[PDB]
S.K.: 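Below is the structure I would like to discuss, written out as structure tokens.
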Amino acid sequence: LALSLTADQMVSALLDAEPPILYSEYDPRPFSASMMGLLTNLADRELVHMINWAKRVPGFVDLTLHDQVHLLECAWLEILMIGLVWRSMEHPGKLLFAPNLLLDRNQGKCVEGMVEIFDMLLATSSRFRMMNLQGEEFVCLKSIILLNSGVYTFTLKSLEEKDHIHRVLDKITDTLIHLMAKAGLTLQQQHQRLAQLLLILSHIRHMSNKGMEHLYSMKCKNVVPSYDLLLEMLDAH
Amino acid sequence: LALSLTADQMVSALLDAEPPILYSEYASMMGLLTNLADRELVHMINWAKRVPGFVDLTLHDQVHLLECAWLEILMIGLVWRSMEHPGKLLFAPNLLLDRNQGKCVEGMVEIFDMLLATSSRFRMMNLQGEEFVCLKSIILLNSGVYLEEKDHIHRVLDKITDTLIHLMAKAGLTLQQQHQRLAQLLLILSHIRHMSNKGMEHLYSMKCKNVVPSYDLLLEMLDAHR
Ligand SMILES: O=C(c1ccc(OCCN2CCCCC2)cc1)c1c(-c2ccc(O)cc2)sc2cc(O)ccc12
Ligand SMILES: O=C(c1ccc(OCCN2CCCCC2)cc1)c1c(-c2ccc(O)cc2)sc2cc(O)ccc12
């Protein structure tokens, strides 16, 4: 039961749940149309692993299927983006979409309207580096995004669901504090770092919104995962 | 100067810096809201200049922070004055609107509902004025912060965190409760960013004369020394 986990058990559950790092193809490239096709193909494959990951975040499968879908509809691009930033952290000036799709700013220019968001993503990677963000902190933040982003936009059942999400979010706060304490930070340093980490989430939200507007401007048939697509992925037998 | 303030001195400074509540002057609905927002802007700049550490930034950087934060700041203010009015948004004391009135503006109701939900969250948490004033200052300093200038902003942000924790400690919260409440408050800021992004998209969709305050307007309001 999610609310019974110790901080150590929460960390271990989240690290265990992590999705794999996917590749692009692989063909002894480059890309004109082509770059967006590769990125779309990658994102579409990552979404499947994201659903698997979400179902392993403690407390998530306790929610109704409807609410699970809503949280993912709200969070999916933020989650792709924070994953991208983490993968890119050790690669100054580059975004590691995949190990074989490692792009710089000038390659971002090849997609109309992409550079400004590319720059925001690079700045977030820089911030992660400057904070020396740890993998255990990263998995906490990604779980927070999943549970928090859609909770403000959802009856008696809904009240029960929100209470549960808030309790699990509190457990994740406890877990972040535990990690910082185990690492030797003073109480003051712990609360300052907790705040610094959580403020990053506002920037991640900003980038997701700006990215979604950009995706929509491309006039493709499909931009967002539909309710029933998420449903089927989540609505397992 | 600013980084030597105690937590108590920080709180007093922020409370003292609070802008006034303006009245609406009286398609019409949006005309009224646009006029109100335009008038609130100067008062926001006056407030910003009183947030400890803000005026130590270059004017260029002060303007950038305002360009990034202005709508989030209007929104958090709206949410705060609407706390004690469940189901309604108190844009002005003479402009209290419910969601049915938000429906009269094409594309507004979705954001209206988000704002109401935020006000509802504030109510449930029993958000205090001293905490509100800290959160608003964090929006100002954090929203545009994407070397010496960034370091200064981060030191000020750390002082506001310390201040928030101090307020909680004095109120008798356990260490666990302090950390949990700090997190709860900061996560609401992600929702305020979201509402500002959606609101900006909405305002742009209206195809009015103008949406964002210009660099020159903000700089003029900041009233440079001479
Ligand atoms: O390029 C993409 C991207 C491309 C297509 C996407 O969606 C394709 C539509 N697809 C439909 C079915 C459901 C899943 C989405 C999503 C992201 C990525 C990003 C992006 C960056 C800047 C910007 O302006 C817009 C997006 S960030 C990102 C991280 C990834 O791991 C993968 C792709 C990406
Ligand atoms: O309606 C407005 C609003 C109207 C016009 C605005 O900008 C007018 C352009 N003006 C140009 C010169 C610089 C200042 C802005 C900003 C907010 C307000 C809001 C809003 C809500 C929902 C939504 O979908 C969009 C906006 S929130 C708000 C809070 C206020 O204190 C005042 C107006 C408002």
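As listed: the chains are lettered in turn, A, B, ..., one for each sequence line. Residues displayed in chain A correspond, in order, to the PDB entry positions 306-333, 335-338, 340-461, 465-547. Chain B residue numbers are taken from the PDB entry; in order, the displayed residues are 306-331, 340-459, 469-548. When a ligand or atom number is given, it counts from 1 through the structure's own listing order.
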S.K.: Report, using the naming of the PDB entry, the chain with the greatest number of heavy-atom pairs under 4.5 Å to ligand 2.
M.R.: Estrogen receptor
S.K.: Name of the drug or drug candidate at ligand 2?
M.R.: raloxifene
S.K.: Heavy atoms under 4.0 Å from raloxifene (ligand 2): which other chains do they belong to?
M.R.: B
S.K.: How is the binding site of raloxifene (ligand 2) composed, by chain and residue number, at heavy atoms under 4.0 Å?
M.R.: B:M343, B:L346, B:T347, B:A350, B:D351, B:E353, B:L354, B:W383, B:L387, B:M388, B:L391, B:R394, B:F404, B:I424, B:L428, B:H524, B:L525, B:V533, B:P535
S.K.: Which of the numbered atoms in raloxifene (ligand 2) are under 4.0 angstrom from any heavy atom belonging to B:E353?
M.R.: 30 (C), 31 (O), 32 (C)
S.K.: Any N or O of B:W383 that comes nearer than 3.5 Å to an N or O of raloxifene (ligand 2)?
M.R.: no
S.K.: Against heavy atoms of B:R394, which atoms of raloxifene (ligand 2) measure under 4.0 Å?
M.R.: 30 (C), 31 (O)
S.K.: According to the entry, what is the source organism of chain B?
M.R.: Homo sapiens
S.K.: Does any N or O atom in B:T347 lie less than 3.5 angstrom from one in raloxifene (ligand 2), N or O only?
M.R.: no
S.K.: State the atoms of raloxifene (ligand 2), each with its element, that fall below the 4.0 Å cut-off from a heavy-atom position in B:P535.
M.R.: 13 (C)
S.K.: Which 17beta-estradiol-binding residues that UniProt annotates in chain B are found with a heavy atom under 4.0 Å from raloxifene (ligand 2)?
M.R.: B:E353, B:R394, B:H524
S.K.: N/O to N/O below 3.5 Å, does that happen between B:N532 and raloxifene (ligand 2)?
M.R.: no
S.K.: Return the UniProt domain name for the region of chain B with most contacts to raloxifene (ligand 2).
M.R.: NR LBD
S.K.: If you count the atoms of raloxifene (ligand 2) from 1 in the order shown, which ones are under 4.0 Å from a heavy atom of B:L387?
M.R.: 29 (C), 31 (O)
S.K.: Can you sort out which atoms of raloxifene (ligand 2) are near B:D351, meaning under 4.0 Å from one of its heavy atoms?
M.R.: 8 (C), 9 (C), 10 (N), 11 (C), 12 (C), 13 (C), 14 (C), 15 (C)
